[PDB]
Each structure stands twice: as structure tokens, then as C-alpha cells.
Participant: 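Let me begin by handing over the structure; questions about it come next.
Sequence lines set the chain letters: A, B, ... in the order given, protein chains first and strands last, and positions in each chain run from 1. Counting convention: from 1, in listed order, for ligands and their atoms alike. According to its header, this structure was worked out by X-ray crystallography, 3.0 Å.
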Amino acid sequence: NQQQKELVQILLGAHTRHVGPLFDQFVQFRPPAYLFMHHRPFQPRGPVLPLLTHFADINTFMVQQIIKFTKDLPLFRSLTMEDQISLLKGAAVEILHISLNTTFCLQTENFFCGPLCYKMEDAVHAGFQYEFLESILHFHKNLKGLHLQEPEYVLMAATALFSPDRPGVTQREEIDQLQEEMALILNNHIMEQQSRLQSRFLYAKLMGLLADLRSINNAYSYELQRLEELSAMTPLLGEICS
Amino acid sequence: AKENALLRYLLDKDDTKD
Amino acid sequence: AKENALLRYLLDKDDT
Amino acid sequence: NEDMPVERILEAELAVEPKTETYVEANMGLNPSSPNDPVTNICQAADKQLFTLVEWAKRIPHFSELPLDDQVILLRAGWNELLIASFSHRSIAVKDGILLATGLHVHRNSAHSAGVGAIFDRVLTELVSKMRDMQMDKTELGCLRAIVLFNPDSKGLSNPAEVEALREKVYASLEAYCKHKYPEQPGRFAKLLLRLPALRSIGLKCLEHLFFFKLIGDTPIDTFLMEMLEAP
Ligand SMILES: Clc1cnc(Oc2ccc(Oc3ncc(Cl)cc3Cl)cc2)c(Cl)c1
Ligand SMILES: CC1=C(/C=C/C(C)=C\C=C\C(C)=C\C(=O)O)C(C)(C)CCC1
């Protein structure tokens, strides 16, 4: 209706102000020189520590940017403090990918954040599991195929943020309302923007994707352990999914 | 959940960092 | 794959 | 009809309800030797329905036409979500609990004492309690499960595209059925899909507990359930 166009307006702003530009800022976190190129090769013995360290640094940065993001959402900060924790711990990573996706390029399957170009190799070389990374490249290729708009991206993010099944919550009924409200708006925005991008079941697909994020997130908490160093390097990410 | 303190620190603390 | 066959097996005769 | 005849899906659901008898030996005395471990009972049930699950899939239009490899892949991929969604919808009737295909019941406390509360409690509110509210029918149930079944992203698939397309057809057939059978409910289709994400987490947590119970020995898990729990 009207109050909706207002909510979306609120979100869109909070987003464009706190996360939209988080990618350009990755150069602040000691990115290994190669990352500035679009064609390597790299040293088979080249210290991986720096790269891993970078991955942990950009993520911490992205999670704290994502928080500042949620703080600009009255509907959010209007919840129990412990409730905000459970929703953050439950969707910070999920929101991260939905937002990171805007830098993903299909022709190359690379992530382009400012002067940097993150390839899949980098992650494997950094130490993460191939299977895991592969599930991530999948999410991004999918989501990027749907050719979403800025309003739909943030709308999809907020639908993930306000999720009742997220462990640790209490005002489930209270939060559930936010989600169902969040979904309606998301669908409405879609419908009121018919064919010629269609893929019609666009809303049916994002629900799929929100499910795939679930799995992907469920994997983070797993990777952190299998990598010692990381945990210590980034406490925040360790808190979020632990 | 008792744990989660970095988070709490983060939610409130007024942003501008300092 | 020499494992995960009972599934396969059951997927080859629901006619009967 | 339209490749994904909503008419055939509801039949596939009605062929393996079970329907009758399955709940006469559990809710009418029995159990050779003994069975009081909620986890074990749940595990014997899951093994039981793992067979009916094969029957089911086969009746879902076009499933059987897929390469043998693909069927095995898809069923390995979503057997737990498919199974959960089904028993959760069968439980719409029971109070604080679920009704296992064997006829036995399991309540909130029993799961807790079994140390599997929480995942059991969210099943109750994110699935059962939610299906009850909007009264989703066996046709919608079957459509969601079908959607769940046709996942292009499973690895090893011979034709991701085919699987993709079939899934989009269930989307078409379901949206239709909804706009029709429920015109006064504009967003029903979307409300139905909202379950997917929650069904995923629950799926994931159930596999975790399952793998834990497998390593610890005890609480025996019949074959088939054992053949689905060998790390994908
Ligand atoms: Cl800009 C950009 C950012 N990340 C990328 O890749 C990854 C790498 C690891 C990962 O999982 C994890 N990542 C970080 C931490 Cl600290 C922990 C895990 Cl499990 C998730 C995504 C790519 Cl390709 C580009
Ligand atoms: C939900 C749940 C679990 C997993 C169940 C699975 C993977 C399948 C169940 C199938 C049934 C019960 C089918 C039917 O009877 O129709 C475990 C055991 C970890 C403990 C309690 C909660």
C-alpha cells in the first residue's frame, strides 16, 4: 500500500548508506597484491596466511557494516536486545551474500569489489573447502541469473533477517509478523512489475535461494572450526555463527 | 544464551566508532 | 558407486 | 495434462498416505520385544517411509522418465526434507507432537527427555503448527514436496536443465491450483513457499542429530536409513 513503499524506502536507504559501499572499502584490509589483477599466476608456496587474514578481515568488516545496517531499521532495533542477537547471528552471513552478489559477474564468475577481483581459486588457496565454495558460486550464479533490482535485493535481505525459526529467538509470533509482512511486500513489488525479466516464479525462486543460503550459512560455523587460525583472526564472525 | 557480548557491544555503541 | 544400491534396486521394479 | 497435472500429484500423495492399517499396530498395541526410545521409534518409522517414499516419487509425473542415476541422486538429496514435510502434515491432527507412520505418537517432553527437543519443537511450530493454520491440503503438500524433489543443484545430475524445468512446472501447476481453489486468498501460493527455508534448516539439523546417533552406536537404525546416512 503506502506504509509499505515507506518501509522499502527505509530499508533501501539504510542499505545504500551502510553496505552498498562496503565493497569499495576492501582495499583497506591488506589485500594481497595479486588480487588487483584479473590474470595471475600465483606462487605455489606463497604464504597463504596473508590471504586468509584478508578474508577474515573483509568479513568482520562486512558483518559490522551489516549491523550498522540493521540499526537503521526501527522495526529491527525495536526488538528485545537478545532478540536482535538471535536474528543477527542467524542472518548476518545470509545478508552478506545477498549483498555481495551485486559484485558477482556471470561472464567470469568473479567477484568485483572496487580495484579487486576475487576468484574462486583464491578461496581454495586460502584453505576453504572446494565443495563449500562450489555451493557458494552456485548461489551467486543463481541469484545473479534472476536479474534482481535494488528493491528486491534489500527486500530479500530483510525477509532473511526477520526469520522466526532462527534459533535463540523468543518473540516468535512478534517476529513472524515482520517476516510475513516482509514477504507480502516482496511479492507485491515483484507482481507489480510483470514479464520481460519475468521467469514468473521469481518469488518462488528467491524462496528457494533463501533456503540455499540456509545451507550455506550452516556451513560457515563448520568451516571456522576446521581452520583454527581463522577463529582467532576474526572473533566477530566466530560469535555470529557460534 | 549468556554468550554473545561482542555483538551486544556492537549493537549499542553509537556509531562513528569513537 | 558400489554403495547406495538398495535405493537403486527399489527404483527398478515398482511395477509388479 | 500440463506436464505436471496437479491431478496426478494428489494421487501420488494418496497412494502412500499410508491411508489405513499403518496406525493400527502402533496405536493398538505391539512392538516386537520393545521400543520406547523416541529417537529409535522415529528412526524405524523413517526407514519404513523411506520405501513408501520411493513409491511416491515414482508416481510424480516425469520422475521415472529421468535417468536411473538422476532419480537416485534426487532422492538421496532431499529424502529428509521430503520425509519431514510428510510426517509433519500427517501430524496436523495431534496435539503437542507428531504421528509416526508406524502409528506411534511422540510428544514435546518425550523429545526433550530424548535430548532432541528444540529441533522437534521447531518442527512443531515451523511446520505442523503452520500447516494447520493455513490448512494446506494433500495437493499443496505434494506440490511442495515435488518442488523439494526436483532440485537442479544436486551434484552429479545428468541433466540439471530437465530437473530445472520440471520444477518450474510444479510452480506453474501449484500457482494455478491456488488461484483457483482459493481465489479469496491472493498470496496463498507465496505463503506456501515460505515454508521451504524453514524446512531446510530443520532438514539440516535432523541430519546432524542423525549422524551423531549413528556414531554413538545405540538407538539402532535399520538399513536404507543407514544407506542414506553415508555422507553425500
Ligand atoms: Cl568479496 C569475496 C568474499 N568472499 C569470497 O569467498 C568466500 C570465501 C570463504 C567463505 O567462507 C568463510 N569466509 C570467511 C570466514 Cl572468516 C569464514 C568462512 Cl566459513 C565464503 C566466501 C569471495 Cl570469492 C569474494
Ligand atoms: C524430526 C526429528 C528427527 C529426524 C527424522 C527424520 C530424518 C525422518 C523422520 C521420518 C518420519 C518419522 C517419517 C514418518 O513417520 O512419516 C530426529 C530422529 C533426529 C529426532 C527428533 C526429531
Participant: List the drug name given for ligand 2.
Facilitator: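 The drug there is 9-cis-retinoic acid.
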Participant: Please provide the name that the PDB entry uses for the chief contact partner of 9-cis-retinoic acid.
Facilitator: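 The largest share of contacts goes to Retinoic acid receptor RXR-alpha.
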Participant: I'm mapping contacts for 9-cis-retinoic acid. Which other chains have a heavy atom under 4.0 Å?
Facilitator: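 Within the heavy-atom cut-off of 4.0 Å: D.
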Participant: I'm comparing 9-cis-retinoic acid with the native 9-cis-retinoate site: which UniProt-listed binding residues in chain D have a heavy atom within 4.0 Å of it?
Facilitator: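 Within heavy-atom range of 9-cis-retinoic acid, the UniProt set gives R90(D), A101(D).
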Participant: I'm comparing 9-cis-retinoic acid with the natural ligand. Which residues that UniProt lists as binding all-trans-retinoate in chain D have a heavy atom under 4.0 Å from the drug?
Facilitator: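 Within heavy-atom range of 9-cis-retinoic acid, the UniProt set gives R90(D), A101(D).
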Participant: By UniProt annotation, which domain of chain D makes up most of the contact surface with 9-cis-retinoic acid?
Facilitator: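 Chiefly UniProt domain NR LBD.
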Participant: Define the binding site of 9-cis-retinoic acid at 4.0 Å using heavy atoms, by chain and number.
Facilitator: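 At that heavy-atom cut-off, the site is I42(D), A45(D), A46(D), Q49(D), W79(D), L83(D), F87(D), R90(D), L100(D), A101(D), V116(D), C206(D), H209(D), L210(D).
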